[PDB]
S.K.: 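Can you read through this structure? Questions will come right after.
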Amino acid sequence: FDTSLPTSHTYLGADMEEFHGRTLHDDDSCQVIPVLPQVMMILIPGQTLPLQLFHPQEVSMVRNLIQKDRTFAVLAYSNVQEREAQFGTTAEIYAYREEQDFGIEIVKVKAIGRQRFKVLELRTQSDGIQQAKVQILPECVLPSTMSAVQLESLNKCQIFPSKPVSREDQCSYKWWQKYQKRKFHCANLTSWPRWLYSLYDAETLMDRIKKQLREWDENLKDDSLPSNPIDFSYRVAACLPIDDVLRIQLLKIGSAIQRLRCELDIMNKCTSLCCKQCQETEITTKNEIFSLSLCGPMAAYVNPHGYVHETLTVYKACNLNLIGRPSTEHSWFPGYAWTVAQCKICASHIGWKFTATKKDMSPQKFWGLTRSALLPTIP
Amino acid sequence: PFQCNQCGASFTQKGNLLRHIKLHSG
Ligand SMILES: O=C1CC[C@H](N2C(=O)c3cccc(NCc4ccc(CN5CC(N6CCOCC6)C5)cc4F)c3C2=O)C(=O)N1
Ligand SMILES: [Zn+2]
Ligand SMILES: [Zn+2]
């Protein structure tokens, strides 16, 4: 089906009281922001997080947070648990509603990462929620590499014409070569060639990543993937399956160009996926992962008991056993059901099988694999 | 009869559930 339904989380609720999001701090700051417990994942800025909180204390914290500035900390827990965190992301709330249900206090929340911080101290409060003294990392952008030695005479020959049509044979290599030769004409003053300066270019890395991502979807260049280097880098980082340590490493990166180069390197050096209790599995084909969502291959989704199963959508997978009828109670994708897919050796839960219901769609397949137990076994 | 959590499975005997819930931990 379309790609705009798996981004509003209609399984959670329909009548969400939304808010216009304007809440930003200014670089160097010492601000105390609340930390929601029982959440353990790395949140890239710009990524949506759906929360369904049941415990009375967390509900009260969210109720107080809505009235004040709607922001809370999502600490990027390292390999060590028990508050052993050093970095994290601030999440702004824009969706919120309560449902008495079988009378407890249920609150459903949707929030997106906004800024990046490093923690200084983690003062705990006797109420059950812990605050966090955090310093906010600035979003620094470096100037153009040619601007340092750009010739004064050669400044008008820098505004290139827009992209003609899109993704046509001989419409990329022919134009990109001319762009490289014209923009980096001052490279001959220095002792480095033009292609080396093209390696550290802003738009060039964007287009290489776009070319290597077009194997996943058909999104138009003029939209979808944002033109902003920062937004593009974060969006690309939030939609790739590798281990947490590399998410923390990518989050630590300060400049957009360094992050873009790191994303290209990892994207070239990743080949397979594997179970995280076993030796091998068949999902090894990383080429067959398709984005049936506007948010990319992956997004964050919440089950009926609050647990946030981040899910990777794949078209084929083996070494999994399917148990149960195709139930569709709390389906994340409205048209399909789920049938809980286990592992074939270690008997560990890995994703679901989204069987279909109608004719003119994918009658089967579309497996959604959870990130928790996928080990990117790149040889 | 039985239901599970975090994953959604179902088994027939209580002893089987005790095995399942431990596999989730490790
Ligand atoms: O695509 C998918 C697949 C993955 C996912 N997934 C699970 O991981 C799961 C676990 C258990 C049951 C189950 N099946 C649907 C279902 C839906 C609702 C309820 C009722 N609950 C009790 C009520 N709350 C009570 C207070 O606090 C507790 C909650 C809410 C049970 C139930 F079962 C699911 C379920 O579908 C999902 O959501 N989507
Ligand atoms: Zn396994
Ligand atoms: Zn289970």
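Chain lettering follows the listing: the opening sequence line is A, and each later line takes the next letter. Note that chain A carries the PDB entry numbering, so the residues on display, from first to last, are 49-427. Sequence positions for chain B are given in the PDB entry numbering; the residues included correspond to 144-169, in order. What's counted below: heavy atoms across the whole structure, side chains too, no hydrogens, waters or symmetry copies. Ligands are counted one by one from 1 in listed order, and the atoms in each one are counted from 1 as well.
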S.K.: From the options acebilustat, golcadomide, nelfinavir, rentosertib, give the one found at ligand 1.
M.R.: golcadomide
S.K.: Please provide the name that UniProt uses for the chief contact partner of golcadomide.
M.R.: Protein cereblon
S.K.: Find the other chains whose heavy atoms come closer than 4.0 Å to golcadomide.
M.R.: A, B
S.K.: Around golcadomide, which residues have heavy atoms within 4.0 Å?
M.R.: A:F102, A:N351, A:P352, A:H353, A:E377, A:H378, A:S379, A:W380, A:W386, A:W400, A:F402, B:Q146, B:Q149, B:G151
S.K.: Working on this structure - any idea which UniProt domain of chain A most of the contacts with golcadomide come from?
M.R.: cult
S.K.: Short version: PDB name of chain B?
M.R.: DNA-binding protein Ikaros
S.K.: Which UniProt-listed (S)-thalidomide binders in chain A sit within 4.0 Å of golcadomide (heavy-atom distance)?
M.R.: A:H378, A:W380, A:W386
S.K.: Name the residue and atom at the far end of the covalent bond from golcadomide, if one is modeled.
M.R.: none
